**Student:** 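For reference, the structure I am asking about is given below.
Using the PDB entry numbers, chain A covers 2-206, in order. Computation of the quantities below employed the complete heavy-atom set of this structure, encompassing side-chain atoms and omitting hydrogens, waters and symmetry-equivalent molecules. When a ligand or atom number is given, it counts from 1 through the structure's own listing order.
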Amino acid sequence: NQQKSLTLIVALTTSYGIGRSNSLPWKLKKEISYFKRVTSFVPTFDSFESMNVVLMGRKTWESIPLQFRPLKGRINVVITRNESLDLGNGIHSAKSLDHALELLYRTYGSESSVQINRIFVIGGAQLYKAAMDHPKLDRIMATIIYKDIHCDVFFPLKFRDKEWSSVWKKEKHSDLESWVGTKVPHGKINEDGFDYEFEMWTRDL
Ligand SMILES: NC(=O)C1=CN([C@@H]2O[C@H](COP(=O)(O)OP(=O)(O)OC[C@H]3O[C@@H](n4cnc5c(N)ncnc54)[C@H](OP(=O)(O)O)[C@@H]3O)[C@@H](O)[C@H]2O)C=CC1
Ligand SMILES: COc1cc(Cc2cnc(N)nc2N)cc(OC)c1OC
């Protein structure tokens, strides 16, 4: 069930809004290419053997443009109690976060030609709530959108605010680039009228 740390990845407004109408309220081309880059990166040496894992809630799974599904070059797991009849040509299903981690550890042992590198939780709000409570979650890759966009779904813990500042710390940009293994734009990007910026936050386990 245990081993590796969990990483959460999220794009949020300064008001912690994360979606509206079971979609993103924004169309941000470069934000999705960042997403793709970060969740896909494995060191070159390790590249033959290893892949990353993306964990998501069922409604997020349903939200991804059918075209984009499943997430290429990543082991995809959908968390669902109502697993009943998942539909996937080797996309896994699991009844909880910890059940997912036991599944991967069983499926991808030292037998397996495929080994796991990093595990990411990619949403939605319900799964984020479970991962924020999980004793192995230590890192948050956030994209901050500097607009009060109308949302109906909110991130569950205000990790950037004063009350959490002795636990969650923002890392220097050079530490961001090192962890994701590529240059990343420092400061604000403007696309389709939205200003936004890339951050990395960590906590001690
Ligand atoms: N801004 C961003 O970065 C992101 C935003 N989003 C947005 O989030 C919204 C969807 O979030 P939300 O409705 O909360 O949905 P989720 O994607 O988290 O899916 C919820 C479902 O997943 C299952 N599930 C989730 N957590 C658990 C758990 N801990 N244990 C068991 N089953 C679990 C259940 O499946 P079942 O009911 O089948 O049993 C539940 O109804 C959309 O608006 C989407 O666009 C999503 C991702 C990223
Ligand atoms: C890859 O396409 C999508 C990706 C995501 C998740 C996601 C997107 N960006 C960031 N920074 N973190 C995330 N977890 C969410 C989506 O819609 C809810 C997507 O549809 C485009």
**Student:** Counting heavy-atom pairs within 4.5 Å, which chain has the most contacts with ligand 2, and what does the PDB entry call it?
**Tutor:** dihydrofolate reductase
**Student:** Indicate which of trimethoprim, tolcapone, niflumic acid is modeled at ligand 2.
**Tutor:**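 Here it's trimethoprim.
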**Student:** Can you list, by chain and number, the residues with heavy atoms within 4.0 Å of trimethoprim?
**Tutor:**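 Using heavy atoms under 4.0 Å, it comprises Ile10, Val11, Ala12, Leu25, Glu32, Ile33, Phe36, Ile65, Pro66, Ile123, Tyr129, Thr144.
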**Student:** Per UniProt, some residues of chain A bind NADP(+); which of these have a heavy atom under 4.0 Å from trimethoprim?
**Tutor:**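 Within heavy-atom range of trimethoprim, the UniProt set gives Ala12, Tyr129.
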**Student:** Please list, in number order, the atoms of trimethoprim under 4.0 Å from a heavy atom of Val11.
**Tutor:**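 What qualifies from trimethoprim is 11 (N), 12 (N).
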**Student:** Write down the UniProt domain of chain A that holds the majority of residues in contact with trimethoprim.
**Tutor:** dhfr
**Student:** With a cut-off of 4.0 Å, which atoms of trimethoprim are near a heavy atom of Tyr129?
**Tutor:**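 Numbered from 1, trimethoprim contributes 14 (N).
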**Student:** Using a 3.5 Å cut-off on N or O atoms only, is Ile33 in polar contact with trimethoprim?
**Tutor:** no
**Student:** Please report which non-hydrogen protein atom sits nearest to atom 15 (C) of trimethoprim, along with the residue it belongs to and the distance in Å to one decimal place.
**Tutor:** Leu25 CD2, 4.0 Å
**Student:** Does trimethoprim come near enough to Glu32 that some N or O of the ligand is less than 3.5 Å from an N or O of the residue?
**Tutor:** yes
**Student:** Per the deposit, which organism was chain A derived from?
**Tutor:** Pneumocystis carinii
**Student:** At less than 4.0 angstrom from any non-hydrogen atom of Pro66, what atoms of trimethoprim do you find?
**Tutor:** 20 (O), 21 (C)
**Student:** At less than 4.0 angstrom from any non-hydrogen atom of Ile123, what atoms of trimethoprim do you find?
**Tutor:**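 The atoms of trimethoprim under 4.0 Å from a heavy atom of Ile123 are 6 (C), 14 (N).
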**Student:** Considering heavy atoms of the protein only, find what lies nearest to atom 19 (C) of trimethoprim and give residue, atom and distance to 0.1 Å.
**Tutor:**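 Of the protein heavy atoms, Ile65 CG1, 3.9 Å lies nearest.
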**Student:** Hey, is trimethoprim close enough to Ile10 that some N/O pair sits below 3.5 Å?
**Tutor:** yes
**Student:** Which residues that UniProt lists as binding substrate in chain A have a heavy atom under 4.0 Å from trimethoprim?
**Tutor:**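 In chain A, UniProt ones with a heavy atom near trimethoprim: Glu32, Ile33, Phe36.
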**Student:** Evaluate the 4.0 Å heavy atom contact test for atom 10 (C) of trimethoprim: does a protein atom fall under the cut-off?
**Tutor:** yes
**Student:** Can you list every pair where an N/O of trimethoprim is under 3.5 Å from an N/O on the protein?
**Tutor:**
{"from": "trimethoprim", "atom 1": "9 (N)", "to": "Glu32", "atom 2": "OE1", "distance (Å)": "2.8"}
{"from": "trimethoprim", "atom 1": "11 (N)", "to": "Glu32", "atom 2": "OE1", "distance (Å)": "3.4"}
{"from": "trimethoprim", "atom 1": "11 (N)", "to": "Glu32", "atom 2": "OE2", "distance (Å)": "2.6"}
{"from": "trimethoprim", "atom 1": "14 (N)", "to": "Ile10", "atom 2": "O", "distance (Å)": "2.9"}
{"from": "trimethoprim", "atom 1": "14 (N)", "to": "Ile123", "atom 2": "O", "distance (Å)": "2.9"}

